[PDB]
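Okay, so here's the structure we're looking at.
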Amino acid sequence: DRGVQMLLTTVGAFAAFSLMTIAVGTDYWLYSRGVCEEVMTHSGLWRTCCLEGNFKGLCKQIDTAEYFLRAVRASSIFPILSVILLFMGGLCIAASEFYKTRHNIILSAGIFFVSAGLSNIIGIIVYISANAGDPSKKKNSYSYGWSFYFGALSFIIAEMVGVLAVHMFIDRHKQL
Amino acid sequence: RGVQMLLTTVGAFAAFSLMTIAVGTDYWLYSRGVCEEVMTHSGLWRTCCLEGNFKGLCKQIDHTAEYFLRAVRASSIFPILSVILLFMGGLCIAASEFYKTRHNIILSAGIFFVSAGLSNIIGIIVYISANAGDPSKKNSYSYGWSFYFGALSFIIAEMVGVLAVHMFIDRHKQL
Amino acid sequence: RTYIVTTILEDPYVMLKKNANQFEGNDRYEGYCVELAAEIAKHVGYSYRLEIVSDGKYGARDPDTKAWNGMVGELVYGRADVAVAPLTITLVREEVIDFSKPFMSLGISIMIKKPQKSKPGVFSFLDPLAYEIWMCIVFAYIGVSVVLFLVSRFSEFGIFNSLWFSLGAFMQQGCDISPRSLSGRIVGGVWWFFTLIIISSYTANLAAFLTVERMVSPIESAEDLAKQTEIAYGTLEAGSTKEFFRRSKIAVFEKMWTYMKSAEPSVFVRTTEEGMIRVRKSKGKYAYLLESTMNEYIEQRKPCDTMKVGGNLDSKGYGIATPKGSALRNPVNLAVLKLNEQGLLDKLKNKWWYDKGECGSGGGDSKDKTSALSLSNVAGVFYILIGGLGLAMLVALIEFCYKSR
Amino acid sequence: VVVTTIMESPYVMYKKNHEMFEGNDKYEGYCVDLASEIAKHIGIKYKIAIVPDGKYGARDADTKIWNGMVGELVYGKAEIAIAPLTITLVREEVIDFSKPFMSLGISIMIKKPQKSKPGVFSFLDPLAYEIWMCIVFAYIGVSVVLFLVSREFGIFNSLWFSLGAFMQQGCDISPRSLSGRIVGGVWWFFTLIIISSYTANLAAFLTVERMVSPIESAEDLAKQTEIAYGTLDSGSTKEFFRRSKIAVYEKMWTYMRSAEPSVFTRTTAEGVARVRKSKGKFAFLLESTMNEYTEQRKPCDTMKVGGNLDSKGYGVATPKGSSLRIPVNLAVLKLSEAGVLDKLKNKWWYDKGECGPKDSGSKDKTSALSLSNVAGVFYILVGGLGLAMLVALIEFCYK
Amino acid sequence: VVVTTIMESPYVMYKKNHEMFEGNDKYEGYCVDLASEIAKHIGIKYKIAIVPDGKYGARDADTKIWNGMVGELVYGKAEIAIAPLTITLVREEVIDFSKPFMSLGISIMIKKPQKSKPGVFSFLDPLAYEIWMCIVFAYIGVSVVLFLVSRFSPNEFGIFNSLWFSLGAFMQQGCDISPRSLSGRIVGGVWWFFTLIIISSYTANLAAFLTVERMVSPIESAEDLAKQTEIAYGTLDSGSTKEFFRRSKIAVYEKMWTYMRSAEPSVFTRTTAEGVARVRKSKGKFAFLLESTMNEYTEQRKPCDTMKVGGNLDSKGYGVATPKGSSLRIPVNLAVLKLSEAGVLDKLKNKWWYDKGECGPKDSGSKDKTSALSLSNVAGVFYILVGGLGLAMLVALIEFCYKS
Amino acid sequence: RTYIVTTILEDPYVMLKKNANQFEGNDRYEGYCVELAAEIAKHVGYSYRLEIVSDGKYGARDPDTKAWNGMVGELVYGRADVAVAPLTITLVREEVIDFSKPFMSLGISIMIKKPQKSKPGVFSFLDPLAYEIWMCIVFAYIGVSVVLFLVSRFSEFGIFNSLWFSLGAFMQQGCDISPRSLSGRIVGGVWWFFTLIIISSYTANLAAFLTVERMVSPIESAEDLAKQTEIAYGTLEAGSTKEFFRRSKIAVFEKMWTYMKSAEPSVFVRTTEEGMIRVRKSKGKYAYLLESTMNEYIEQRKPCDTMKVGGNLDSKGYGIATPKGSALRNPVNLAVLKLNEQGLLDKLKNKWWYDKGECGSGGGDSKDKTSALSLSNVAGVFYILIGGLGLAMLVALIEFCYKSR
Ligand SMILES: O=c1[nH]c2cc(C(F)(F)F)c(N3CCOCC3)cc2n(CP(=O)(O)O)c1=O
Ligand SMILES: O=c1[nH]c2cc(C(F)(F)F)c(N3CCOCC3)cc2n(CP(=O)(O)O)c1=O
Ligand SMILES: O=c1[nH]c2cc(C(F)(F)F)c(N3CCOCC3)cc2n(CP(=O)(O)O)c1=O
C-alpha cells in the first residue's frame, strides 16, 4: 500500500502549489476594517486594494533587533523564500516520480517541506506581529479573511505531506 | 550488628529524657503576654509568670471540625496520646533490650515511633494554630527550646526508627 | 355639612381604576393617598369627595404677578380646605399656608443602571490569552511534533511516539520517552523552555485579569460619585433639585455642582420618563438624581433594571395642607400623628409599594456575592474535556474497528 | 429667654475649661449651636440651663403630671426647649411641635466584620464545593474509561496513572493506543488549566483580602439568621415592638420571646460592653442618632448601619398659647431648607470624629502567610497519612 | 479709560460669533476678569479696545517706534494696559512694571507615550537584567560540577547527557535516568529547588508587572535631556527662548547651544503651532521647549497628549504697565499686590485654567482597561522558539554533513 | 559719600566668618545676599558698610501699641540707606515703602523623608511565607520520607531511594521509581496533592506581595497629601504659612486647614531646626511645609535623608527695601532687573547652592527605576545553591575516602 500514498503526496503538494499561487496572486488575506473610517479591504502580501470608498478603483503596492524584521515585512522575504523552495520541492518530487532510482532526492524533498513549514510560520508570525503588533489599531478589527485560513490550510497540508513523505523516507530507508 | 541496637537504646532513652523535660516541665515558648510584656512558661497543667506586679505566683492553667481542633488544642489529647504511645514504645524497647527473641514488639515499636512522631508534630501544629491560627491580636512564635525538644522528638525519633527499619530489613533476612 | 378634597395625579397616587369609567367616580381610585384620605376621613368624620385639579401641576410661588396655583393655589383662593395629595415642604408654602405633619421622611436619591452580566462558557476559557495565539501555538505544537519525528528517525520514535512525546512536552507532564541524538535533545529543550514561558504567561495574565476584574467596586454615596468622572450624573432644570444644588454651600455639594455646571454633553433632560429611558438606552454611565419615593417606584417596574444605592442626601418631608383658623387643623394633626405612631402608614406603604409591584417580589434575589470561580467560568473546559473524552470514545470505536474489522 | 437641657451625650457637655465661664458660654455641641442659630435667626437674648429633674420628658400616667421638660413647660417653669424631643401621640395635646429638623429611626448595629480563620474551609476557599465534587466525579469517570479502553492498566494501575496526572507528575508505563493518547492528553490539559485557574483565583483573593458584610444586612436576613439579637428593657423601641402590623416584626417579637431572657439590657453602656466582647453575640436594633454617635467614638471597630427601619421625628417643643410658635416654626423650616443645620450636623458628626478611616478606605500589609490559612493543608496531610497507615495495618491483617 | 489686550492668547475669547453682549464687555478670560477685579478694587471704567499691531511688542531701535501695547502706551493713546507682557530691561526703562501676578518659566515638553511593544526585550522585560547571564553561568557551573560528580565516582552520563539532565530538571518536567548516587542527591535536589523557586518568582513577577502599569516617563529633567542625546530638541526660530539660549552662562547651556548649533532636521521652527503639531504627529523626536503658561494651556487642549516634567529653566513674569508716574500707578500697584496676597487671584487663575479643559478632569490615571496579551508581549518567546528550532535543524544538518 | 547696607543673620543666606577675627570689617559675611550686595554695589556704584539689625528679626507692620521693629522698621526710622536682605512681598510693608523687583520665587512646599529600604539576602528569600511554615514543610518532608521508606519496605526500596522519590514527589520533578502497592500509591497521592497546594499557595503569596509592593502611591503635590490622611503635617504657630492657612480660600486648602485645625497631633514644632529634627526622627510619619529655599538648603547641606516633592503651592516674590523718597530707588531697580534677566544672578544662586553642598543628589546620577528584581531577593537562592553544591562535592570525596580506607 504505497501507490495511493505517492498519489496523496502528489495531490497534497499540488494543493500546496495552488495555495501558494492563490496567496501570491490574489489578496484575500484579511478582512480588515481599513480606510478607503472602517470598511472592508483586500490587503495582500503583494497587492493591497479596496472595494468601497470615494477612490475605489485605484490601488498600489504595500512597500538592533527590529530593523531586520521590518525589512522582512516590507519585502515579504520569508514568504518569497517559502514559495521558491516550495516550487523547488515540486520540481524535485516531479523528478522523483520520474526518477525512482535515486534516494537523496526525497531527502531534499523532505527538507524543502519542513523548511516550507518553518518559513510559512515565520512569515505569518511577522505578518501578524506587524498586523496585531501595532497598538494604535479601530472600533472593528480582527476577523481574519479567507486566505489567512488558506495559509493555515497550506501549513496543515504541509504538515500532512511532511508526515507522509517522511514516512516514504522511513519505509524506503528500511527498504534501503 | 550491636552498634544498631545500642543506637536504638541511646535514641530511645534520649527521646524519653527530652519528652520528660519538654512536656513534664513548662518550658515551651517565650512570649510578651500579660500576667504587660512578660515572659511566660506554659506547659500542660500550670503556667508560670516571671516578672510584673504578680511576681512569685505560678497559676494553674485550664483548657464540625472546629470543635474537634479546639478540643485537641486545649486538652492536648494528641500530645497525650503521643506521650502515652511512646511510653509504651519505651516499655517495649526495655523488653527488646531484655528479650532479644520477640519479633512483634520491636517492629510494633517502630510503628510506635513513627506514629508518635506524627502525633507530636500535629500536636505542635495544633498548639501553634491555637497560638497563630487563633492570633488574638515578631517574637510571639518564639520556641523556648522545648518546641525544639519536640523537633528532636520528631527528627531523632525518625533517625532511630529508620535505623531500626535498617535493622528490620536485615532482620527479615535474619529470620 | 359636606367636605371636599383636592388631589394631584402623577405616580402612583391617584391612579385611575383598571375598569375605566364604569365606576361611580372618586371611589375608582387605587393608590396611597386615596386610601390615606379614606382612612383619615373615617378617623375624624368628613366627606372625601375628590376635586379635579385645575392645571395638574403642584404649583409654585410664581414671583411674576404674584398669586398661586396647584393645590395650594386652590386652597388660598377659596373652595378648597383639605389637600391629601403629598407635596414637599418649602419656605413659600409655609409663608402662605401651614402644614400638619410629614407622613414620611424622604430625600433626594441616586440611582444607577442595574449591573447585568453573563459569564460565558468556552469563551471564558480562551478569554485571558486571545484567540490567534492558541491557533498558532497548536500549529507550532504539531510542527514540532512532525519535525521531532524527522530528527528522531533521521539520524523506535515513530510518528505516534513523537506525537506522544511532543504532547507530554507541550505542557509539562513527563514521559518515559527520551531522545538520544543531540539535535533531538536540543529541540526538546527549546520546546520545553518555550512552553514553560507560555504557561507562566497564561497564569500571570489570568491572575492579573481576575485581580483587575474584582478590584473594581460598585458606586455608592456622594463622595465616591464626586470622585468618579466616568459614571456621569445630572439633574433636570425645571425642578427643586437644581435649586437645592445651587443654593447649597457645603463643600461636596458645591463640588459636584461645579462639576455639572460645565456640562458639555446634553446632560439635562425635560421629563422624568425621558431621563429614565435615556438611562435605559445608555445603561453604562448616567444619573438623574431623582427623589427617593420615585426611585423606589421605578425600582419595582416590569423592565426590572433600576435599583437604589446610597442614602438620603437631604431631609425633605411631605405633608397635608390645611387653611388658617379652620376647625379641621388640630384634629387632622392628631389623626396623622396617630396614624404615624400606629404603624398603619407603614402597612399601607408596604402594601402599595412592595406587595402590588409586578417586579421585585423577592427583592433579595442575588445577595450571596460569591467571589469565587463558580461553574459559570471554567465549566466550558469540563465540556471540551468530556467532549475530548467523547472524541476519545469515537476514536476508540474506530480503532476498535482497526482491531475488529 | 431661658432654655432647659438634659445632660445627654450628643447635644450638650460640660466643657473641660469649667472655670472659663459660668452661665451661657459653658457648653459646646449640636444643641447649643442650633439654639444660637435660631436665636440669631429670630432675634432674642438666649441662655442655657440644665433640667433639675434629670428626666427626658414623659408622663407618669398616674399623678396626672409629666416628668421632665414638658412637665416643667406645662406647669410654668420654661418657655422654650431647644433640646431634642421625639414626637409621639401623648406629647401633642399638651405641647406644640414644629417641623422635623432631623430624621431618625430604628436601625441595626452589629460587631466588626473581620476575616475568618477557618480550618478546613481555608483549604477550599478558592473555587467551590460543586466544582470539586464535579472534578472527583470526572476523575472517577476518566479513570474507569481509560481502564476499560485498554482492555497493563488494571483497576489500580489506571487509578495511579490518573492520580499521577492529577497533580502534574509522570508515570512509568505509557499506553500505545490512539484513544489512550487522546484521553491522556485531554486529562493532562484539563489538569493544568484547572491548577492555573486555582492559583490565579488564590493569588487574586490573597492580594485583595477584601472584606464582605456579614449575613446581618437586612431585616429578612436578620430574621433568617441564627445570631442573637438584643435591645433595651423599656422605651421607644419596646413600645414599638409591643404592637406591630407588619408580621415580620411579629416574627422578631416571637424570636425575642422564645430566646434566652439575656436579650434585655439595662443601659446602653452595658449593652455596648456586652456586644464588644464577641464578634457575634447579640446585635442591636437601636436609635440612628445613638448609632451615629457610637460609630465615631474612640473605639472605631463597630461602625455598621445596615438597613433602615421605622420613621420618627425630632422637633422643638413650644408651650401652648405662645406667640413665638409660628416664629420658631418658620425659623427651623428656613434653617432646614436653606442649609446650615445640615452643615452643622456634618461638621459635628462626620468631621468631628476620632478616626477618619470610615470615610475613605485604606490598604493593609499582606504580611506573612502565617499558619491559619495553611493548617488545613497539614490537617488533610495527617488525615491522608493516618488513613494510609490504617489501611496498611488492615492489609497486613488481611493478607 | 482705555485698556488693551491681545486676542492671540489664552486670556480672551470671542463671545459666540458676533453681536453677542453688545456694548463694552464682550470677551471672557483670565486677564479681563483680573482687570474687572482690580477695577472693583480701585474704581475705573473698562474698555475692550485692541491695538491692531498684532505683535506683543519689540524694541525696534532702527525705527525708534515700539509696536503694539507698549508703543500705544509710551506714545500715548491710553493709561492702563493689562496683558501677557514679559519684563526685561528695554521695556522697563520707558515703562515701569508692577509686581508679577503669576510665576513664569521655560520648560521642555515631550509627547505622551502610548505603549511599549518590544521583541526579545518583551521577554527580557520582567525580572532584572543581569539574571539571565547569571542563570546561564550558574547552569554551566552546576552542569560541569555534577558531571564531575558523576565521572569521579567509579557514571552513565556524559557532558551532553549531564547537560540535558540539568536542563530537564531546570524545565520542571523530569528526565530518563536519575544519577542514583548518594552524592548526587544533594546537588539534584538543590538544583530542583533552584529551578522551582525561579519559575515561581518569574510567574509572580510577570503577574505583578501585568496587573498594573505605571509607565515611567522617558525624561525627567533638563540635565538628563542634555545627557541622553536621543530625542531631537528645538526651541523656535527666534524669540525670547532663542535669545536666552544664544547668550546663556550656566555651564550645561553652552553645551546645549552647541547641540542646537549642529541642527540637521531644522529644529528652528517658524511658528509655535507648527512645532506643537509636529511634536503631536511624531513622539520619537522633535520634543519642544516653551514657556510654562502656554505649556499648561496646551495641557488642557483637545488632543490631550502632552505633559511637563517639572523644573523651571528661567524665571520671569507678566506685569501690568502704566505710562509714567501718576495717581493710577501706585493705585494699580497696590491693587495688584492686594489681590496677589489674597487668595482670590490664584483661585481665579487655577479655576479658569482647570475648568475649560476636559483633558485634566480625569486626574492621575484610569484603571478601566484590562485588554489581553497580544503577540507583542509574546512574539519574543515565539521568535526564540522558532530560532531554536531553526538552529536545531541547522545543527542536525551539519551533524549529517560531519557524520555522513 | 558712604552708604550703609543692613543684613539679617539668616541661616541659608549668610554665613558668619569661620576665620572670624583675623579677617574682619567688610569681609565678615559670606553668602548669597552679601555677594548680591557687592555685585549691585559694583554695578550701580557706591560703598557698602555692613550693619546688623538690633532685634535680629524680620519684623512686621502690625498695628500694635507702637514699638515697631524689624528691617522695614530700620528703614523707616531713617537710620538706613538700602536693605539688601530677604523680604517677602506683602501689604503691611508696602504701605510705607516699596520693594524693587522679585529676583527669586517663593512657594510653600512639603518635604518628606527619603524612603530607603535595603533589600536583604536570605532574609528576603523566605519572606513571603512564615518561618513556622518552612519548618513544618521540612519536618513534613522528612516524616513523609521515612514513612514512605517504611511502607515501601513493609509492602526493592532503600532509604536513599525513598529520599530520592520523596524529593522528586514533593518537588514536582519526575523520576524513574514508582510506589508499588496501593498503600504506597495513596501515600504518594497525598504527598503530591500536599506539595502542589503548598507551591500554589506560595506562588500566590509572593505574587500578592509583589502586587501590593508595586501598587503603591508616592506622595505628589498637595492633593495626594490631603487625601492620604496617614502622615501628619503642620507648620509654625506664626509666619507666612500660618497667615496663608488662616486666609485660605481654595476648597482643598480649606480642607487641609480644617484637618490641621482638628489638632489631633497639633503643630508639634517651635523652631525650624526642632521640626527638622522631629521629622527626621519620625521615620516618615511626619510632614512639614516650608519655604522652598530652606528645602533646597536642607536637601544638600543637611544629611541626605529629607527630599523635596511637589511644586510651589503659591507664587510670592522677593525684593530689597528702598526708601520712598530717595535717589537710590530707580537705578537699583534697573540693576537688579538687569541681573535677573542676564542670568548672573542665577549663576550666583547655582554656585552658592549646588557646588558647596554636602550631598550627592544633584552632583551625581540617581537610581533608574527599571522595576522587576535587582539580584537582591534571589541572592540567597544561588547562595544556598552553591552551598549544597559544595556539600555534595565534599560528601562525594568522603565517600571516596571510605573507598581509599
Ligand atoms: O410639592 C411638590 N412636590 C413634588 C413632588 C414630585 C414627585 F417626586 F414626583 F412626587 C415632583 N416630581 C419631581 C420629579 O419630576 C416630576 C415631578 C415634583 C414636585 N414639585 C415640583 P418641583 O419643584 O419640580 O420639585 C413640588 O412642588
Ligand atoms: O421620646 C423619647 N425619645 C428618646 C430619645 C432618646 C435618644 F436616643 F437619645 F434620642 C432617648 N435616649 C435613649 C438612650 O438613652 C438616652 C436617652 C430616650 C428617649 N425617650 C426615653 P424612653 O421612654 O426610654 O424611650 C423618649 O421617651
Ligand atoms: O513681552 C512679551 N511677552 C510675550 C508673551 C508671550 C506669551 F505669553 F507666551 F504669549 C509670547 N508668546 C511667545 C510664543 O508664541 C506666542 C507668544 C511672546 C511674548 N513676547 C514676544 P518674544 O520676544 O518672542 O517672547 C514679548 O515680547
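Throughout, protein chains are lettered first and strands after them, A, B, ... in sequence-line order, and every chain is numbered starting at 1. Below, each value reflects all heavy atoms present in this structure, side chains not excepted, and no hydrogens, waters or symmetry copies. So this one's electron microscopy, 4.2 Å, going by the header. Start at 1 and go down the list; that is how both ligands and their atoms are numbered.
What binds ligand 1 most in this entry is, by the naming of the PDB entry, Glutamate receptor 1. Given TAK-715, AZD4635, PQR309, AZD5438, ZK200775, the drug or candidate at ligand 1 is ZK200775. Other chains within a heavy-atom distance below 4.0 Å of ZK200775 (ligand 1) are, by letter, C.
With a heavy-atom cut-off of 4.0 Å from ZK200775 (ligand 1), no UniProt transmembrane segment of chain C, counted from the N terminus, is in contact.
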